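Here's the structure, in structure tokens; my notes come after.
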Amino acid sequence: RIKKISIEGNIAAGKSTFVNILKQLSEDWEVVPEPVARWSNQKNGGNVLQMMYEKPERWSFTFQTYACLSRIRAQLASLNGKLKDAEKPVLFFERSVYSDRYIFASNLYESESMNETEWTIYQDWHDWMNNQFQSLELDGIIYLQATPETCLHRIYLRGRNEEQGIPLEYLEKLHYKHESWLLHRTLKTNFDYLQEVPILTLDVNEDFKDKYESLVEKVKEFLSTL
Amino acid sequence: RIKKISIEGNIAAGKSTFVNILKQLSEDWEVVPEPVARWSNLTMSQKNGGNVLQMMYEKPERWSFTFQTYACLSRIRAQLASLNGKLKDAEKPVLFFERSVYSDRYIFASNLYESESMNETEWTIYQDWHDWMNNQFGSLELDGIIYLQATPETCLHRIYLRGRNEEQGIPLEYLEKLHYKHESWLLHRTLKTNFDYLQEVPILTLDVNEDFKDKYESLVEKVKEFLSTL
Ligand SMILES: O=c1ccn([C@@H]2O[C@H](COP(=O)(O)OP(=O)(O)O)[C@@H](O)[C@H]2O)c(=O)[nH]1
Ligand SMILES: O=c1ccn([C@@H]2O[C@H](COP(=O)(O)OP(=O)(O)O)[C@@H](O)[C@H]2O)c(=O)[nH]1
Ligand SMILES: Nc1nc2c(ncn2COCCO)c(=O)[nH]1
Ligand SMILES: Nc1nc2c(ncn2COCCO)c(=O)[nH]1
């Protein structure tokens, strides 16, 4: 019954900003915040992130596993309780277990922070988790598209250190992974329904926090197409 | 309708012998062997288990979390497939599980945490991964437990007897630790778990010290005695 739409975007692209604004506009509009963000600054979540920063080749499996499990737990609790009640309920997933795997876990394998066996076991469990703990299927995706330069700027326009603004080439790689997944629909996934799911792309390069009506108009009619 | 019964015991107790004896006796009895015994000797599962088995023997404080999480998932999958994917049919259906999600957690994992092969974060993560899942999925709760009790010396003797290498045995001291953990769970019942039907689950304890390959009738009789009380 409850509508489910994940917000996607590269690091610091403006998802939390967008999702916090989106939730304020309707009592029908509810959100599930991303577990990774806020693990920075429960105890298990602080630890893995720091070690993962300190040494990605040791903790990427452990981290990627606990993050996807945290997201699933979170997304069930606001589904099996929160808002509805509501007349036309929509639940905005701040990121998803698809970008958990096909963006972040995948990048870590590709910079050799997980070896082949970590990454196959991860990819196996992923299926088994999504298949057992089913009704998480998205009806739409909203992609907040931005240039890697904008995100580089926005990481700086936030709070750098502790997190820091990493390489621009690291942002380009996640950019091209986001573009290849959401803009071009070429990434092949085990979850067949994804090819048959609507995507709203949003050029978020221009600043929006005090001027976002045009973005919400696009979101409201995208919602109407569902 | 299916009875779910675990076969537990120290390493080289003869769990795998015993379960392979019980499967030959009754049409209503079936076996779910150790996913982890098929990783000693083409299905990425075996490719992955094969690889995480050796890495673990080569570096336990690097690999304990990954091995333990993988073993438990594989066992959960094997229990789910055997169960609602078998013979029923059957008059008095019984499924023996060779070990359980519970030896995985309170024998092996806990032992690895006590030995610094997992840090606090890992052990805590493992535990809420195990807590969450065996409540979400797990049908696999048990109608009973059978306790095959041997001494660590019989166990080390039998480790030697089996095959060794990539499975191996070595320390008599380690077997002693595991042997002690099984008593607290299954014989004194002082080991309190995160599962409260388990403080109260019926437990059959079979002394398997003396070889039972050619003399198993009295043990099988007790099992039968035990099942028809469940
Ligand atoms: O239109 C925008 C969107 C974001 N930001 C800033 O960029 C930083 C990162 O944005 P956010 O946390 O929302 O990014 P996320 O990682 O959640 O996508 C924050 O300081 C925002 O204030 C901005 O100045 N204008
Ligand atoms: O009554 C017995 C039971 C066990 N074995 C041998 O003990 C070894 C270890 O047994 P198993 O692998 O079944 O022990 P498990 O790990 O399954 O408890 C094997 O080589 C068995 O053939 C034996 O000689 N006599
Ligand atoms: N959303 C998300 N972020 C991750 C993951 N792994 C590492 N990060 C880094 O998060 C900080 C930037 O979003 C993951 O699996 N999901
Ligand atoms: N059956 C089983 N064997 C394990 C496990 N972990 C390691 N091994 C292999 O045995 C050596 C440690 O006792 C486990 O969780 N289950």
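The chains referred to below are lettered A, B, ... by the order of the sequence lines, with proteins before strands, and numbering in each begins at 1. These values consider heavy atoms only, across backbone and side chains, with no hydrogens, waters or symmetry-generated copies. Each ligand, and each atom within it, is numbered from 1 in the order the structure gives.
Here, the chain sharing the greatest number of close atom pairs with ligand 4 is referred to in UniProt as Deoxycytidine kinase. Lab note: drug at ligand 4, from brimonidine, aciclovir, sevoflurane, triclosan, alprenolol, identified as aciclovir. By chain letter, those with a heavy atom nearer than 4.0 Å to aciclovir (ligand 4) are B. Between atom 1 (N) of aciclovir (ligand 4) and the options B:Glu167, B:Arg75, B:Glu34, the minimum heavy-atom separation is to B:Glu34. Numbered from 1 in the order shown, with element, the atoms of aciclovir (ligand 4) that lie under 4.0 Å from a heavy atom of B:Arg99 read 1 (N), 2 (C), 3 (N). If you look at B:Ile107 next to aciclovir (ligand 4), there are no close heavy atoms at all, none under 4.0 Å.
The distance from aciclovir (ligand 4) to the heavy atoms of B:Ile11 drops below 4.0 Å at these ligand atoms: 10 (O), 11 (C), 12 (C), 13 (O). The residue of chain B annotated as active site in UniProt and closest to aciclovir (ligand 4), together with its heavy-atom distance to 1 Å, is B:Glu98, 6 Å. A heavy atom under 4.0 Å from aciclovir (ligand 4) is present in the following residues that UniProt lists as binding ATP in chain B: B:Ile11.
Contact annotation: for B:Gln68 versus aciclovir (ligand 4), heavy atoms closer than 4.0 Å belong to the side chain alone. The organism that the PDB names for chain B is Homo sapiens. Looking at UniProt's substrate binders in chain B, a heavy atom closer than 4.0 Å to aciclovir (ligand 4) shows up in B:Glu34, B:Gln68, B:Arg99, B:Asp104.
Residue B:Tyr174 approaches aciclovir (ligand 4) through these ligand atoms, each under 4.0 Å from one of its heavy atoms: 11 (C), 12 (C), 13 (O).
Taking every heavy atom under 4.0 Å from aciclovir (ligand 4), one finds B:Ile11, B:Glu34, B:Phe67, B:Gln68, B:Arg75, B:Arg99, B:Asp104, B:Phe108, B:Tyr174, B:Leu178.
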